[PDB]
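Right, one structure below, let's go through it.
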Amino acid sequence: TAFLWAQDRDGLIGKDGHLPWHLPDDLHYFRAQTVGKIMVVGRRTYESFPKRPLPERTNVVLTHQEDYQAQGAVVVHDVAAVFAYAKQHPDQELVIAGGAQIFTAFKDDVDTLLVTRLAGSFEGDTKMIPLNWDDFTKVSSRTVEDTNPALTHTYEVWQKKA
Ligand SMILES: NC(=O)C1=CN([C@@H]2O[C@H](COP(=O)(O)OP(=O)(O)OC[C@H]3O[C@@H](n4cnc5c(N)ncnc54)[C@H](OP(=O)(O)O)[C@@H]3O)[C@@H](O)[C@H]2O)C=CC1
Ligand SMILES: COc1cc(Cc2c[nH+]c(N)nc2N)cc(OC)c1OC
């Protein structure tokens, strides 16, 4: 169970469906970070995504309906079931992809946190949930500059201590 999202300096994520900042280098970070892993996206994000499902990537949708028809992409309606699959897959763990609703239900059960902090500052109404950074420790961090002052950003990966 890991969290994988992107936020600006204030900690924004996405406003009204489409993200607030257009960062091409971030999308690659999202795909590369979920290659061969289970991608949990709530019915709101999966419905807002641009190209679904991802190529050679495990994607799971979360919804409260019972007739959700999605051939090619996994489908579940209870975090309890999703937690089972990852425990049963020896090569596909549980990775969260959002949106905010999915970061809250899994906030208690977290194992790895992946956040992208951009240098630019955007505004909106939906932001990432309150994570306990004090209980986790960043094990890997990479900063990359870009021709655009705001499109600049860093990748932070954390792990839960025991
Ligand atoms: N920074 C980032 O990484 C990401 C950011 N974003 C931004 O966030 C927005 C989405 O945030 P938010 O408004 O919170 O919505 P979400 O996209 O997080 O909504 C998740 C949906 O999943 C379903 N769901 C949630 N919990 C459960 C559960 N326990 N059982 C069953 N179904 C469940 C609900 O759908 P239902 O209506 O079917 O019950 C819920 O509306 C995106 O539009 C985008 O702007 C989106 C993805 C990633
Ligand atoms: C991989 O493509 C998208 C991915 C996301 C979610 C997302 C983005 N970036 C990061 N770092 N984590 C995420 N979960 C949101 C999108 O739009 C809101 C996308 O389409 C541009």
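One is the number of the first residue; the rest follow in order along the sequence. Atoms within each ligand, like the ligands themselves, are counted from 1 in listed order.
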> Looking at this structure, what macromolecule is in contact with ligand 2 the most, according to UniProt?
Replying inline: Dihydrofolate reductase
> What drug do PDB records list at ligand 2?
Replying inline: trimethoprim
> What are the neighbouring residues of trimethoprim within 4.0 Å, counting only heavy atoms?
Replying inline: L4, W5, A6, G17, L19, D26, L27, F30, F49, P50, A97, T116
>> Just wondering: what's the UniProt domain of chain A where most contacts with trimethoprim are?
In response: dhfr
> Considering only heavy atoms, which residues of chain A annotated by UniProt as NADP(+)-binding lie under 4.0 Å from trimethoprim?
Replying inline: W5, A6, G17, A97
> Do any UniProt substrate-binding residues in chain A place a non-hydrogen atom less than 4.0 Å from trimethoprim, and if so, which?
Replying inline: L4, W5, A6, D26, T116
> Which organism is chain A attributed to in the entry?
Replying inline: Lactobacillus casei
